[PDB]
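What follows is a single structure, written as structure tokens, with notes after it.
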Amino acid sequence: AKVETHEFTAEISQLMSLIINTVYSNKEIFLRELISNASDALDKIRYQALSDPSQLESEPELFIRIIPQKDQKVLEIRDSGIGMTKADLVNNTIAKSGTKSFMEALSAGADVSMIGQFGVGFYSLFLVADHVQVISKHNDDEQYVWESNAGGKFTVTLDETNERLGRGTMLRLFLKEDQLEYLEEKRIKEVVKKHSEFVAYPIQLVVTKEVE
Ligand SMILES: COc1cccc(-c2cc(F)ccc2[C@H]2Cc3nc(N)nc(C)c3C(=O)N2)n1
């Protein structure tokens, strides 16, 4: 499998470093942000399906799914949205403008929670995670895995190790030891009900209970 390496733009590498290092208190906002991206990605596939309902056939169910993996200290956020082609992942760039604007607003004293308003709320995941894999499948393209440690370099490899998505995106968040509360059914239920009431799509939570 060929791991293509790429370097992050200097503004993107500095944004990633700011968030991963910050002390922000309301770190739970990351979930609103990722859910909001997943909901938007679903809106995008649903729009195409208004024209062409064959676009939905790669994964007919439209959903956001939250999958804690206590064994691996991993929280996965999966959507069956539009997904991202390999070219998308290697060049993901409205980010450039929103990264600069958001950085200016932070100087003026904006709170970290305003990140979504500048369109770069994906990077809020580094509040609770030190490393991240992003697995994506766009309809007319193959399934790839993007990877970043918040440094200045990310990889994009063909996906030969993860479950097939059918269509969409799954973020594998490698949580920090301080933020392992977000693997908890009850803690995750709190954050979702608080900040994502108005989501057109089912937010499914996967829970592994032992049969007694
Ligand atoms: C989701 O995985 C990745 C990987 C690198 C960069 C981005 C990203 C970055 C932004 F700054 C702003 C927006 C994005 C993503 C956010 C996103 N999330 C999800 N769940 N699905 C899609 C299609 C996108 C999308 O279209 N663009 N997302």
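Here the PDB entry sets the residue numbers for chain A, with the shown residues being 4-95, 98-217 in order. Each ligand, and each atom within it, is numbered from 1 in the order the structure gives.
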Bound partner of ligand 1, most contacts, as in the PDB entry: Heat shock protein 90 homolog
Drug present at ligand 1: HSP990
Residues near HSP990, heavy-atom distance under 4.0 Å: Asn40, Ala41, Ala44, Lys47, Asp82, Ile85, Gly86, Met87, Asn95, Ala100, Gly124, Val125, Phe127, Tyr128, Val139, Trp151, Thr174
Per-atom contacts of HSP990 with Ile85, taking only distances under 4.0 Å to non-hydrogen atoms: 23 (C)
Per-atom contacts of HSP990 with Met87, taking only distances under 4.0 Å to non-hydrogen atoms: 23 (C)
Sub-4.0 Å atoms of HSP990 with respect to non-hydrogen atoms of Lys47: 26 (O)
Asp82 N/O to HSP990 N/O under 3.5 Å: yes
Distance filter under 4.0 Å to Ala100 heavy atoms, resulting HSP990 atoms: 11 (F)
Distance filter under 4.0 Å to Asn40 heavy atoms, resulting HSP990 atoms: 16 (C), 18 (N)
Origin organism of chain A per PDB: Candida albicans
Atoms of HSP990, numbered as shown, that sit under 4.0 Å from any heavy atom of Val139: 1 (C), 2 (O)
For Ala44, the HSP990 atoms whose distance to one of its heavy atoms is below 4.0 Å: 21 (N), 22 (C), 23 (C)
